[PDB]
Asker: 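Hi! I'm looking at a structure that contains PF-00835231 (bound form) and have some questions.
Letters A, B, ... label the chains, following the sequence lines from first to last. Residue numbering for chain A follows the PDB entry; the residues present correspond to positions 3-301, in that order. All chain B residue numbers match the PDB entry; in order, they span 3-300. Order of appearance sets the numbers: ligands from 1, and atoms from 1 within every ligand. All values below were derived from every heavy atom in this structure, side-chain atoms included, with hydrogens, water molecules and symmetry-related copies excluded.
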Amino acid sequence: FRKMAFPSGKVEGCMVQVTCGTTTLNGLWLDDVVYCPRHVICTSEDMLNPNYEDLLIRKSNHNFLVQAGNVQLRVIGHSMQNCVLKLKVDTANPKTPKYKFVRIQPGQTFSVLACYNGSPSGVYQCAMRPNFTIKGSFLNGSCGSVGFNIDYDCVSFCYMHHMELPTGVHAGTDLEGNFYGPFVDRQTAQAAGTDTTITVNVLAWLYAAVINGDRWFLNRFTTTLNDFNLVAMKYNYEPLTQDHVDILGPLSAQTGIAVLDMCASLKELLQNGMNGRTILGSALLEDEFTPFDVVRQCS
Amino acid sequence: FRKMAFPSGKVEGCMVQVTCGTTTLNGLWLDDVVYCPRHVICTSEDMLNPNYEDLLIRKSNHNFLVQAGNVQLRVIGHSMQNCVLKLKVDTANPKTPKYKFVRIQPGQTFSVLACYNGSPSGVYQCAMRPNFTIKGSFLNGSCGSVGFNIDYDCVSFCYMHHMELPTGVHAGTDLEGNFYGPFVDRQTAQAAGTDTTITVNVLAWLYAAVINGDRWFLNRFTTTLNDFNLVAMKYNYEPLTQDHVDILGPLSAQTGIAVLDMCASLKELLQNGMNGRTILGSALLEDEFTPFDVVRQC
Ligand SMILES: *[C@@](O)(CO)[C@H](C[C@@H]1CCNC1=O)NC(=O)[C@H](CC(C)C)NC(=O)c1cc2c(OC)cccc2[nH]1
Ligand SMILES: *[C@@](O)(CO)[C@H](C[C@@H]1CCNC1=O)NC(=O)[C@H](CC(C)C)NC(=O)c1cc2c(OC)cccc2[nH]1
């Protein structure tokens, strides 16, 4: 049981390079539109406090160098959707897959294809933290990198990368250009809200450990759902809903461990610690596997 | 600092399924050859104690169903090399990347593209353990999934999946069909040697910690490589080879910390513990980041 990402081939066939002036970053080429972060039009001076509509109107179609591999594509139009720039090109991407743009909720996961200069560099899995950051690996020039999920050769794009907070976590937008969280595409040091742990995900991961023969954390006790949430919120865990309980059903039936039994086990682990032991190799309670993630991988 | 796979699409373009009777696994289609585990020719009952040479004499080119998607590729030749079947087909794969077959060393990492019925399913990073197993995630129908590294648009194929040991780790061959480790493609309970900590990767991790300013563990002493190997074995840590010292070179140069000085720092960590302190936030020493992986992320 490892953190598994979706195969990235369908998304690699879409990453291009977008250059405006001195600024370079990645774009996503679907059909005859190239999507990228709008701050590619900014100078270093602009980025301190940019007026984007104002800065964009002074731009021409020919200010934008879009390169797909070696081939350069000609921009025949440009418009802005929130923090995302849409560049119209005169050529449709033949590798465009069946796609959709979604906005994911906190706690859900996606694969991140990290690109630099329009070249895919690596893929890994991430979750939308409850404070709307993501704990990624992104260096300089990774803006435009997108996150996504795949459902029967339909790619749901849910994230485009824009910034690293001073704490080392990352922030970005959906493909409509709306940031996840209270962040703004300005060159300013920005803090996030207090992060919390994704509870339904930690439980899904405990189930995965049992399905794989780890049971040392289990116990005899049970807890009411409200009493578990009292302890949970004390340790900065998100509360557990009845929906979350049903989402976990399969894993409960698969293992024969009732959700509320699994909540007693997790409750003790938060009160007692792990005593130096490990679960599925981790010394920490892991919260970036969703129940579906676990289900898909174990069956 | 996280586990990060290579992009998988260059390998996706080469996954097909190979079927004999009712045994289906995955195969690897490069030019006009398809590579897959030879036990595809076995019925489940022959797998218990197969005679691959006897079994192969009775199969013919028309016993092999190779499908790219729902599309059949006609098999026009077949040979067996070690534990892999090599099926010559009548179409060169137009998505064939530039590629090589390489046999990796324990400690090295690669990406795995888990496949089922010739359809990619997921991708993740593995390290070859010193006991020649890997801690993968494979289900039924995963055999023939491959592991690979990419350097400068060149895919180096290094692993092909054959089995799950009772302990739940996995084992397989290089792309010439030679098992990593003392395992055999028989349907049988097999046991790997005791695992050990991958020292070269632990040292890579300490370099990573220094690059990011976490360097409390740097000590004032040095060591010889023979002495470090001897003590490390006493803590269940792999000895270092000359090649291990060399692939540590760029990280040694970037930090100014000589390799044998960093060994003495690790030796002190081994004999005195971490004293509740952490390194890169963690209390455990991480051993599945090669020096390449550390640089690749900096
Ligand atoms: C994109 O590459 C931008 O073209 C870049 C990616 C980050 C660079 C280092 N690692 C990355 O993930 N993004 C940025 O530089 C963004 C640009 C904004 C959205 C206009 N800015 C930041 O990530 C940023 C700014 C500041 C800051 O200011 C002052 C202070 C502290 C942190 C910080 N991060
Ligand atoms: C391939 O899918 C098979 O073509 C399959 C993959 C494993 C199934 C579960 N997870 C996997 O990684 N491989 C096998 O089933 C192989 C087939 C051999 C090479 C003929 N066998 C095993 O992995 C196997 C057999 C036995 C066993 O026997 C008895 C006892 C214990 C473990 C075990 N593993």
Asker: I'm trying to find PF-00835231 (bound form) in this model - which chains or ligands should I check?
Answerer: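 It maps to ligands 1 and 2.
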Asker: Which chain accounts for the largest share of heavy-atom contacts with PF-00835231 (bound form, ligand 1), under its name in UniProt?
Answerer: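 With more contacts than any other chain, that's 3C-like proteinase nsp5.
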Asker: Which chain letters have at least one heavy atom nearer than 4.0 Å to any atom of PF-00835231 (bound form, ligand 1)?
Answerer: A
Asker: Counting both backbone and side chain atoms, is some N or O of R188(A) under 3.5 Å from an N or O of PF-00835231 (bound form, ligand 1)?
Answerer: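 The answer is no, given that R188(A) and PF-00835231 (bound form, ligand 1) share no N or O pair closer than 3.5 Å.
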Asker: Any N/O of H164(A) closer than 3.5 Å to an N/O of PF-00835231 (bound form, ligand 1)?
Answerer: yes
Asker: Counting heavy atoms only, which of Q192(A), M165(A), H163(A) comes nearest to atom 12 (O) of PF-00835231 (bound form, ligand 1)?
Answerer: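 Among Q192(A), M165(A), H163(A), the closest heavy atom to atom 12 (O) of PF-00835231 (bound form, ligand 1) belongs to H163(A).
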Asker: Compute the shortest N/O to N/O distance between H172(A) and PF-00835231 (bound form, ligand 1) and return yes if it is under 3.5 Å, no if not.
Answerer: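 No; the residue has no nitrogen or oxygen that sits under 3.5 Å from a nitrogen or oxygen of the ligand.
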Asker: I'd like to check whether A191(A) has a polar contact with PF-00835231 (bound form, ligand 1), where a contact means an N/O of the residue lying under 3.5 Å from an N/O of the ligand.
Answerer: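 Looking only at distances, the answer is yes, because the N/O contact criterion of under 3.5 Å is met.
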Asker: Which chain residue and atom does the covalent tether of PF-00835231 (bound form, ligand 1) reach, if any?
Answerer: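 Covalent attachment: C145(A) SG.
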Asker: Specify which UniProt domain of chain A supplies the largest share of contacts to PF-00835231 (bound form, ligand 1).
Answerer: Peptidase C30
Asker: Help me out: which active-site residue from UniProt for chain A lies closest to PF-00835231 (bound form, ligand 1), and what's the least heavy-atom distance to 1 Å?
Answerer: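 The nearest UniProt active-site residue, by heavy atoms, is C145(A), 2 Å.
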Asker: Okay, next thing: residues with a heavy atom within 4.0 Å of PF-00835231 (bound form, ligand 1) - which are they?
Answerer: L27(A), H41(A), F140(A), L141(A), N142(A), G143(A), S144(A), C145(A), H163(A), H164(A), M165(A), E166(A), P168(A), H172(A), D187(A), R188(A), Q189(A), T190(A), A191(A)
